[PDB]
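Working notes for the structure below.
Letters A, B, ... label the chains, following the sequence lines from first to last. Residue numbering in chain A adheres to the PDB entry, whereby the residues present occupy positions 3-284 in order. Just so it is clear, chain B uses the PDB entry numbers, and the residues here are 3-284, in order. In order, the residues displayed for chain C correspond to 3-284 in the PDB entry numbering, which applies throughout. Counting starts at 1 for both ligands and their atoms, in listed order. Any value given below was found using the heavy atoms of this structure, including those in side chains, with hydrogens, waters and symmetry copies removed.
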Amino acid sequence: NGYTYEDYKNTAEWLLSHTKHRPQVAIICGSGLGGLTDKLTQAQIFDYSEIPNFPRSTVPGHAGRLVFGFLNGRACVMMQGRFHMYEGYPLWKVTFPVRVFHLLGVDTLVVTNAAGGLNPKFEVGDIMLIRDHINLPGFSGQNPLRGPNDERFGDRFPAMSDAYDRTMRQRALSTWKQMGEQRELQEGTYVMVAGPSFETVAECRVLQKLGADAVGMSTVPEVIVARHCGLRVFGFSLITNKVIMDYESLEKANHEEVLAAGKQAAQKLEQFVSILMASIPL
Amino acid sequence: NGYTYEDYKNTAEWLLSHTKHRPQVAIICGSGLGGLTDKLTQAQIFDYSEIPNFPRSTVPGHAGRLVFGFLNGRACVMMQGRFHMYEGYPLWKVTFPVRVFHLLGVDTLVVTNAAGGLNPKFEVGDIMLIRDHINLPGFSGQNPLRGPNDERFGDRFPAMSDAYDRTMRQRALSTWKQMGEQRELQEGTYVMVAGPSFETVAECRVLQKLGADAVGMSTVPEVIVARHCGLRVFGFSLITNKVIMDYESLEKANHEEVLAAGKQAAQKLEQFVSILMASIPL
Amino acid sequence: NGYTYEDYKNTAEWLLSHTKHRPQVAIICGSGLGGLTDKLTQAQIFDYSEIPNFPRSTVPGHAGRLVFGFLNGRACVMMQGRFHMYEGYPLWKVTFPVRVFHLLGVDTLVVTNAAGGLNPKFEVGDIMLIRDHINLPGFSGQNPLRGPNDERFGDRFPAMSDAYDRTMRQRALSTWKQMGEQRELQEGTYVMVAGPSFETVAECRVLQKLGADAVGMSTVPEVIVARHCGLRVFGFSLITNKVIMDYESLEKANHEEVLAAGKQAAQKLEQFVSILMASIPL
Ligand SMILES: O=c1[nH]cnc2c([C@@H]3N[C@H](CO)[C@@H](O)[C@H]3O)c[nH]c12
Ligand SMILES: O=c1[nH]cnc2c([C@@H]3N[C@H](CO)[C@@H](O)[C@H]3O)c[nH]c12
Ligand SMILES: O=c1[nH]cnc2c([C@@H]3N[C@H](CO)[C@@H](O)[C@H]3O)c[nH]c12
């Protein structure tokens, strides 16, 4: 891990002394969900490039910014653009922000992402709640906590069986009903793979047998580092596409179909998030 | 990825200006199948050592050569000796040739390899056709496409559900009948593991439950980079041994038994490949 | 692999000329089982820090020592404190001792460790014998043998289906009866994951479906390098905790509960090991 404890501090202090805002909730906007930034009030923006020790984005969208502000009466801080393993970043870079948020005072993390549908009942547009995850990269060694443990942040062997806040999962289901949506809120397991290429048919079959409901290439590292931190954790997935599960098909997965899905569910996603802010205890 | 786009170009140009040949089909000869080199006509040889930017072979067989020529009226280019992950090479080295082939003008890749038999119906000598693969290393992070994407070669998130050419799979089955072989042509899923040690009994059981038919320690990376390239892809496996699946057994897997299998199926493999060349569209 | 063959030699020679002892059996004491060191007679201690080329322990317990001596009339050598992947060590460091033991003359390796219980019949305190393992990190690339093979130690593609000595497994069962323990000796498959965080519920379910009986974050690399060496291999697991397998639970895994388990089964573990020494042929 190239980051000493001081690096985390220095980044925190720099931000603390560059904004009067003091966030409680950190939000990581997944693919095509960055619109949430609009709903914040008194929004103060900071590009990653200007933030000391921040993994400088390669050439994805060049619009990696930390947007502070208030969302439904809640001191937030949003990441509009995130880092992934498939871009070449070591997991201690992918998750460097989460520890910065902690030192800033945040005590709750909301992670959102786009993912394929493994559960056959799911459908494009659906919003699966994350009850649990399967960290395939972690089994093999790729775990953000790898290396000497910094007791200052947390313990050597933190548990993950209680990763996703039960309360939040329950309160989010409520809010959804108090929205009268046709499609019932979904809930399940999120499996992470590194990507960047898409699953073959055989691969999807594996992921289903494993018991995964949806598949993405992010989130899990951030969640793990968060939990090791003491942060409360809630998150969901926007089922942007159903994974191909038969060879007699004539369909393929593509960034187009995925971004298009994000595009439509755009505002519906924002509403849901904004409202839920009221459920986060103080 | 240590290779810039220029490196690929320079290697391509060097080859282009060092041979009058202009290949359409690239062939990667798996373990003990390198004999195919004999069947080429007007065969021009190039050792990897002399080819700029080519991963220089460690000390496997020191006979890593790129052999250009014609095979059954088809401008080929064969790799007699390939690179593996277990030898320590990063996947962007293991698959550097595939992108060189592309810039040379190749538009079809034939991958062959030796592998164990997971499907219980399989037998030593069998020739399993590859319908699909399970990229275990990829799930964890080891994917040749890892790092910044070079739009010049392909997209950021390429699909793999349609990796192995349907047409070719069908036409290869034909050719086999027009050979009157006792054993029917086999077809199935190829699972990749990094090796270099062999699967335990428990491990084989896992691979079978995953739904894999055969297991090897190569190919998948090359296929992925190929598909990201637009190349058509066909490939097969020479079931050189049945994996041990019971503890009451008294059998072990070894390079001897594997090379011996390659040795007998040697010519039979060549015939099949050479003929199929006629099925590859122009 | 940062270690040349000379490095192994130099370390061996240094030890050979620093102790009159010449071990036959090497013992790797897992978590909370390091007490075995007491039972040795004519015990000569060597801290890792003083041993050339030895992976210098970071800041776990600072008590990494190689303790030579006799155990039940058997020239031993024990590792009180081991290296793990989650601490950041490359597997060729984690397993550097095993090859040092070989050059010292050892021909048998006993590996012990603490692990969670996947098999539902298991219970805290139980002692599962290792019949086989599932090397998840290995599938993805993390295999101690990765890189150029040193024929001097062993072959390029060693088998692992016969990793755990049948004889020993049988003789250990005997010894246990000749102990009249209430709980029958357990036996099964050990699955390795890198850690350092604990499995989620979904993760445990995966490991069970894979067919694993217990889960830990070590051992497998050492075993593999041992077998590639020609060493006989025996080992067991102290089921220190049952992994959480339902979401309706209110239990978590922690280093406290694990070390506490090691603490009670402490001596019972030693007795078993010490006695078994007599079963190891000469
Ligand atoms: O089916 C899928 N498999 C793997 N990742 C994704 C994604 C997520 N969307 C992004 C690619 O569009 C990528 O960042 C990935 O994490 C959507 N659908 C799938
Ligand atoms: O049962 C098997 N498991 C894993 N690899 C292989 C192979 C292939 N053959 C080579 C070892 O002989 C190695 O390069 C591997 O990719 C044959 N049989 C098996
Ligand atoms: O349930 C478990 N999962 C993964 N590792 C362990 C362990 C072993 N104990 C250590 C953590 O207490 C760690 O070194 C690990 O290898 C005990 N129980 C479990």
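Per the PDB entry, the macromolecule making the most contacts with ligand 1 here is Purine nucleoside phosphorylase.
According to the PDB, the drug located at ligand 1 is forodesine. Other chains making heavy-atom contacts shorter than 4.0 Å with forodesine (ligand 1): A, B. Under a 4.0 Å non-hydrogen cut-off, the residues that form the binding site of forodesine (ligand 1) are A:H86, A:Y88, A:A116, A:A117, A:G118, A:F200, A:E201, A:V217, A:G218, A:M219, A:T242, A:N243, A:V245, A:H257, A:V260, B:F159. The shortest contact between atom 7 (C) of forodesine (ligand 1) and any protein heavy atom is with A:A116 O, 3.5 Å. The shortest contact between atom 14 (O) of forodesine (ligand 1) and any protein heavy atom is with A:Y88 OH, 3.2 Å. Taking a cut-off of under 4.0 Å to the non-hydrogen atoms of A:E201, the atoms of forodesine (ligand 1) that pass are 1 (O), 2 (C), 3 (N), 4 (C). Against a heavy-atom cut-off of under 4.0 Å, A:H257 is close to the following atoms of forodesine (ligand 1): 11 (C), 12 (O).
Distance from atom 6 (C) of forodesine (ligand 1) to its nearest protein heavy atom, with residue and atom name: A:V217 O, 3.7 Å.
At under 3.5 Å, a nitrogen or oxygen of A:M219, whether backbone or side chain, sits near a nitrogen or oxygen of forodesine (ligand 1). Proximity by heavy atom, under 4.0 Å to forodesine (ligand 1), holds for these of the UniProt purine D-ribonucleoside-binding residues in chain A: A:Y88, A:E201, A:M219, A:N243, A:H257.
In this PDB entry, the source organism listed for chain A is Homo sapiens.
Of the protein's heavy atoms, A:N243 OD1, 3.1 Å lies nearest to atom 18 (N) of forodesine (ligand 1). Residue contacts with forodesine (ligand 1): A:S33 is placed with no nitrogen or oxygen under 3.5 Å of a nitrogen or oxygen of the ligand (distance criterion only). The phosphate-binding residues of chain A named by UniProt that have a heavy atom under 4.0 Å from forodesine (ligand 1) are exactly: A:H86, A:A116.
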